[PDB]
Amino acid sequence: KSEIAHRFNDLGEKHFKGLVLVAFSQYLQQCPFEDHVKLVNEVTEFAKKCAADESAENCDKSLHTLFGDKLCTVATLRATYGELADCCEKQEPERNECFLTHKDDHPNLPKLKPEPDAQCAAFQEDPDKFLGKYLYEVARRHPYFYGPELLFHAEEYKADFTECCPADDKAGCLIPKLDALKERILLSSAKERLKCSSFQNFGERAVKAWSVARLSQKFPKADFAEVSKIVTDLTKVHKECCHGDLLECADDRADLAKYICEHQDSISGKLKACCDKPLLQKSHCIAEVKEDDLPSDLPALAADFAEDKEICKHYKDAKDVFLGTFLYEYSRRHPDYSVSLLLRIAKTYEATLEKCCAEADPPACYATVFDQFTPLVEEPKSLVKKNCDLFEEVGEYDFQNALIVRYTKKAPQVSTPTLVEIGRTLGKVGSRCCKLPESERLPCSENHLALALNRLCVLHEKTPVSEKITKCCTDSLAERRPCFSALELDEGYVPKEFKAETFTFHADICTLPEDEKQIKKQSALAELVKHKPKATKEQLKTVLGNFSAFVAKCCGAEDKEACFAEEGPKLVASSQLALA
Ligand SMILES: N[C@@H](C(=O)N[C@@H]1C(=O)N2C(C(=O)O)=C(Cl)CS[C@H]12)c1ccccc1
Ligand SMILES: N[C@@H](C(=O)N[C@@H]1C(=O)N2C(C(=O)O)=C(Cl)CS[C@H]12)c1ccccc1
């Protein structure tokens, strides 16, 4: 009867309020903390009133009508979010559709900063205000963050301030932890953003196909029907979360977790760990569970998929089932492949049956289908080996620099802070993946590459600048990474006009923390590439080498700024001659 009561009953007040703050922050990314809170309280109050009397006036309205309505009463809508007030003219579902277009993927809000001093004070003060504020901060910053996962991370962020506010050194305990937690927030956010981008750009069928491959890898002992079932449920969960229906999403998620834990023996023996846990933790653990060992009765695939004479007839009768089965079987035995490579492999299998089934003697044509996969596998494997050899040899910073040079040549129209952010995120993929056991390297690098490329595509929908990037971002999810790998120097780019100020440094760079000093160097690297796109990577590396020596030198000078002023213009002119 009352959907609001229903969710309030299912989730409990703590989690309901939490999720509703997340939904509100992400949707209305600008408001102070306390105005989101007042709206959360109003909605929560209304929920309690409905739970006690479901036939109460307004109680039977959809969540969307309810929350859309709330959102549209906020102070100063046409001044904070001028395009957003227009949304308020529309009914549901159009209203919510309108609201979602408006979500902003790069609000570039102040950087989140651990002040172990002032924060610890506020936490001892009112721990509930403190968590709320954290949820609020994250959500507005990552408007698509997996709702129920944010509540998990809030518990973590809380358990940190616990262990570290009593401690002798406040930042001592706390800065590494909050540093770690940031990374996991960014990774988590990038995983979910890929899911919502897949429903947005490619649809539900692509999301299901991705999840079939990935879940078959993780639960290779489960049967097909059990994988389908979980993929069906999981897909609905993320479809809801990506649509801002965080309450339904959380509720369906807990139902999923409970289903998976009641059937753990026919799913995976890695789950027992997860299933012995509390709610949020249990779900988190299932979502991140490692791949089970392979069963020793995995069937030989040739028989059903290459040799059987009725293949074309099972294909023509039931394409989606037949291809799903192939996907499930091939993926469960290839935890050493990336999800996208599995999907590419499934699409080549499909394409081969389309072709062979329309010639005189199909079995003779499709007999070799598994043999056509060999080049598909070898291209990403050797790409991963080349990038990990380079990483191992030059280390992270130079590996970022090499990727910055590579991506700026592919897309020199992209703004400098995006090129640096992506080259840096892709170099951290090396550090994360290159050190793993070698059979883990390929899925690690390729899966994480999908995340960084999709961040590039999300930004590019906001601010399109390149037709080649559009085409890679929108043609096919599974082909993205090879479509990017194949871009080269955009050959009718016109070198960006030289601007001496861009390459001019001052003493301020001397007080920067290490990574901010690197970002300043790596931005001038990408600018060197924009002005001399034909320069070889070996020339750029030399000139950047000269810029760093010049910075180290001037930051050690008695008079930092005279050194910058005296030496800079020489270096800036002679660099251009070196990049010819
Ligand atoms: N124990 C609560 C909690 O600390 N909630 C914080 C707190 O309380 N917050 C409030 C509030 O009551 O003002 C809102 Cl609006 C929603 S939740 C946030 C909790 C909720 C979700 C996950 C973990 C803890
Ligand atoms: N008939 C094709 C097909 O339409 N593929 C389209 C294809 O392309 N899509 C993508 C993609 O963008 O990479 C995925 Cl994940 C699979 S479906 C969709 C198909 C291939 C594999 C499974 C089902 C359908």
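Chain A is numbered as in the PDB entry; shown residues: 4-583, in order. The figures that follow rest on heavy atoms only: side chains count, while hydrogens, waters and symmetry mates do not. Remember, it's 1-based here, ligands and their atoms both numbered in the order they're listed.
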Review point. What is the recorded name of the drug molecule at ligand 1?
Key: cefaclor
Review point. What is cefaclor (ligand 1) bound to in this structure, taking the chain with the most contacts and naming it as in the PDB entry?
Key: Albumin
Point to revise | Contact residues, cefaclor (ligand 1), heavy atoms 4.0 Å | key: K17, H18, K20, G21, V40, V43, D131, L134, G135, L154
Practice item. Name the closest protein heavy atom to atom 13 (O) of cefaclor (ligand 1), giving the residue it belongs to and the distance to 0.1 Å. Key: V40 CG1, 3.9 Å
Point to revise | Close-contact set for cefaclor (ligand 1) against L154 heavy atoms, below 4.0 Å | key: 22 (C)
Review point. Does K132, backbone or side chain, put an N or O under 3.5 Å from an N or O of cefaclor (ligand 1)?
Key: no
**Study point:** Nearest protein heavy atom under 4.0 Å from atom 19 (C) of cefaclor (ligand 1), yes or no
**Key:** no
**Study point:** Closest protein heavy atom (residue, atom, distance) for atom 12 (O) of cefaclor (ligand 1)
**Key:** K20 NZ, 3.0 Å
Check your understanding: When you measure from atom 9 (N) of cefaclor (ligand 1) to every protein heavy atom, which one gives the shortest distance, and what is it?
Key -> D131 O, 3.3 Å
Check your understanding: What protein heavy atom sits nearest atom 24 (C) of cefaclor (ligand 1), and how far off is it?
Key -> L134 CD1, 3.9 Å
Practice item. Write down the species the deposit gives for chain A. Key: Equus caballus
Point to revise | Under 4.0 Å to a heavy atom of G21 - the qualifying atoms of cefaclor (ligand 1), by number | key: 16 (C), 17 (S)
Check your understanding: Looking at atom 15 (Cl) of cefaclor (ligand 1), what's its closest protein heavy atom, distance included?
Key -> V43 CG1, 3.3 Å
**Study point:** For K17, atoms of cefaclor (ligand 1) separated by under 4.0 Å from a heavy atom
**Key:** 20 (C)
Practice item. May I ask you to identify the nearest protein heavy atom to atom 21 (C) of cefaclor (ligand 1), giving residue, atom name and distance to one decimal place in Å? Key: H18 CD2, 3.9 Å
For cefaclor (ligand 1), output the ligand-protein N/O contacts shorter than 3.5 angstrom; if there are none, return none.
unit_1              : atom_1 : unit_2 : atom_2 : d
cefaclor (ligand 1) : 8 (O)  : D131   : O      : 3.4
cefaclor (ligand 1) : 9 (N)  : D131   : O      : 3.3
cefaclor (ligand 1) : 12 (O) : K20    : NZ     : 3.0

